[PDB]
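3',5'-cyclic-AMP phosphodiesterase 4D bound by apremilast.
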Amino acid sequence: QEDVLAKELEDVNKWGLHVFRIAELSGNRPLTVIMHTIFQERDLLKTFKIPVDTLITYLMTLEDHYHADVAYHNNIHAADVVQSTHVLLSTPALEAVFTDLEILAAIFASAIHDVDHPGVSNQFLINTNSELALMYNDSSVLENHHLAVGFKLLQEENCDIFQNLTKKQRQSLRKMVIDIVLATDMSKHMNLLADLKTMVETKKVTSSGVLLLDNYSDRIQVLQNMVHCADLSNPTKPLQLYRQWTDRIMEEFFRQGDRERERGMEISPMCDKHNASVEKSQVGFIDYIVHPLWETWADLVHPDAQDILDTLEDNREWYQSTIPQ
Amino acid sequence: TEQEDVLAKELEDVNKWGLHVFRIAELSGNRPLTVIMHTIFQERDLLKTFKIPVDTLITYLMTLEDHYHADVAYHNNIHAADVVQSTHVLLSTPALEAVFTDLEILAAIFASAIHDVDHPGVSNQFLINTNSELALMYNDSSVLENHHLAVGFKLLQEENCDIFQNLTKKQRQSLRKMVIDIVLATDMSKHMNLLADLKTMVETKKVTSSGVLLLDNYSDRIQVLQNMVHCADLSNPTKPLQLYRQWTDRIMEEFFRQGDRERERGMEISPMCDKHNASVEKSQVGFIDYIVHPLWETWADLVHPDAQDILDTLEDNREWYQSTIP
Ligand SMILES: CCOc1cc([C@@H](CS(C)(=O)=O)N2C(=O)c3cccc(NC(C)=O)c3C2=O)ccc1OC
Ligand SMILES: CCOc1cc([C@@H](CS(C)(=O)=O)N2C(=O)c3cccc(NC(C)=O)c3C2=O)ccc1OC
Ligand SMILES: [Mg+2]
Ligand SMILES: [Mg+2]
Ligand SMILES: [Mg+2]
Ligand SMILES: [Zn+2]
Ligand SMILES: [Zn+2]
């Protein structure tokens, strides 16, 4: 009787789910149990006639293709982005904006968006003349690979969770998922944020402040920025969670810097364990990337993101206080 | 090697629009891409400039040429050789004299050589609609063109194939980026935006005191090279009619073989791919009117009047195909 796990999963609609605890309690299956919970919570198995055993088989297969020896880009991160997207989809300002297929696409994209990540950056893969960068012509190398793996796994035995979608539903979902995962490439962050800003400046809402998004171009942009916000949500979580994410990304960066040092490569910024300032890097990350993004998101869904933005600002203040004068 | 004498004579035409490329394919033992690339590299002194060992060049070209499908009617080594030679002529246009660097010239020619390698003879849309491994690998986005680049670059790593072994690291990095930008621009889903941008450049074009195009940033330079190789890829209707008609015969065979695969699957046969219900001549007139002439009249504007004879041939060939309809 793993009662504690079911207790933890009752917070699946809350920012700040104890995802490391869930990873522990589920036998390192946070992506499987959290995806399954969210699918039940959104009635997605009945809406898209997904057989429960096919869902569980695909989810375990997918989760198996996240590397257990990568400190950050692993199945716990995938589960975290899934659950974060699931909460952002319920923003009151986005009520009635997205179809069931759009909701399914955003959640599936979040689950697969880093699958088979090797724990090094696109630039490292390009600079080492990797087989991945040769395959993908140096362009969104990892993100194209995550998509290819995520979709390829649906072809394994009893893994096609979309088997009862119509032909046209499958084509539409595939296009949306590709557009969403490719937008998680940080080389696209600035263009994405500029478009989110444009939308905020021209946003149409109801009298009760709910966004009105009529064309696909605008809806997919909001979905791209939503999953991007979820991918960049660690500094907006309660500090005890955030500090664990910082420990993990820094371990991954340092392992990349050790591969670089050994090859005699230039050690990438923040990747040198002998010359790193973890706390200054987090404050810079918040000041130049995370807070501009989440402040713009909060304007789009004004005022529903205020608690999230409050947490980010508290955490920035705390990390800054750990830097001595 | 009377045959070798005849081949050498034919290769004296490598600077001319209308080279007898099908004859060269036969005379060279089905090595048109190898012999035309080698001729062009010698003509432009590229082996000396980039310290390319001649045996490495031939080894790579032969391997690249082998990775074109000898059993595909249109997208084979003869098409690659033709696009290479057509780009080589376009690079020599008076309006571009001394404009491009040796590395940019190398990039345009190499891109043309690899730009369709390992083409299976079916379209991107067919590969997407049939859930192919290629479309799965490339997320339905420029599926073939990404594959052609990955193959063309990967083959440089085979034994004695690295023709760029003596470039600097900065040269190799620059060449790789330019080649990717050029081959990705041969995806027809990019044609309309590529043409729109070329028109904008023509409308705003600056010429130097010597009368050549002024291109003073990467964006403009790569855009011209992208459209140049796209024009070469879309050059069949601008060639002498006896060449053009052979290219039409070949693309229609390839289309019909695709539509037969779509028939043997219950799919809606793609337009122009139904050998039981095609109009070859109407399709060429449509191709020229909606794609090839809008492109080439704009290229002709950019380099005016350098390409006037090419444009005149295109317009004559359009009239000829039109005359076969009534
Ligand atoms: C101080 C950075 O902190 C974090 C960074 C990240 C991730 C998000 S991503 C979607 O994987 O790119 N991230 C960046 O945003 C980023 C920008 C530039 C370079 C860079 N990588 C290297 C190897 O240089 C990264 C990087 O890996 C996640 C969590 C973090 O802190 C908890
Ligand atoms: C009447 C068309 O004639 C020709 C077409 C082509 C080629 C050039 S490409 C760079 O390979 O795309 N081409 C198109 O431009 C085109 C547009 C849309 C669909 C299409 N394919 C299918 C299966 O529908 C094609 C197509 O294969 C080359 C030579 C041709 O005539 C000599
Ligand atoms: Mg990622
Ligand atoms: Mg072959
Ligand atoms: Mg092509
Ligand atoms: Zn991620
Ligand atoms: Zn071609």
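Lettering of chains proceeds alphabetically from A, tracking the sequence lines in order. Sequence positions for chain A are given in the PDB entry numbering; the residues included correspond to 88-412, in order. In order, the residues displayed for chain B correspond to 86-411 in the PDB entry numbering, which applies throughout. Side-chain atoms are counted along with the backbone in the values below, which use heavy atoms only and exclude waters and symmetry mates. For ligands, and for the atoms within them, numbers begin at 1 and follow the listed sequence.
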Exercise. Which ligand or chain identifiers match apremilast, all copies included?
Worked result: ligands 1 and 2
For this session: Write down the other chains contacting apremilast (ligand 2), where contact means heavy atoms under 4.0 Å apart.
Result: B
Exercise. Which apremilast (ligand 2) atoms are under 4.0 Å away from a heavy-atom of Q369(B)?
Worked result: 1 (C), 2 (C), 3 (O), 31 (O), 32 (C)
Exercise. Heavy-atom distance to atom 8 (C) of apremilast (ligand 2): which of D201(B), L319(B), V168(B), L229(B) wins?
Worked result: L319(B)
Problem set entry | Per atom 11 (O) of apremilast (ligand 2), closest listed option by heavy atom (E347(B), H160(B), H276(B), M273(B)) | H160(B)
Exercise. Relative to apremilast (ligand 2), is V207(B) under 4.0 angstrom through side chain, backbone, both or neither, heavy atoms considered?
Worked result: neither
Problem set entry | UniProt domain of chain B holding most residues touching apremilast (ligand 2) | PDEase
Problem set entry | Closest protein heavy atom (residue, atom, distance) for atom 14 (C) of apremilast (ligand 2) | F372(B) CE1, 4.2 Å
Problem set entry | Side chain, backbone, both or neither: the part of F211(B) lying under 4.0 Å from apremilast (ligand 2) by heavy atom | neither
Problem set entry | Distance filter under 4.0 Å to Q343(B) heavy atoms, resulting apremilast (ligand 2) atoms | 23 (C)
Exercise. What do you reckon, does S368(B) put a non-hydrogen atom under 4.0 Å from apremilast (ligand 2)?
Worked result: yes
Exercise. What part of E339(B) sits under 4.0 Å from apremilast (ligand 2) if we count only heavy atoms: the side chain, the backbone, both or neither?
Worked result: neither
Write 'none' if nothing qualifies; otherwise put on separate lines each N/O atom of apremilast (ligand 2) with a protein N/O atom under 3.5 Å away and their distance to 0.1 Å.
| from | atom 1 | to | atom 2 | distance (Å) |
| --- | --- | --- | --- | --- |
| apremilast (ligand 2) | 3 (O) | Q369(B) | NE2 | 3.1 |
| apremilast (ligand 2) | 11 (O) | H160(B) | NE2 | 3.2 |
| apremilast (ligand 2) | 31 (O) | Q369(B) | NE2 | 3.0 |

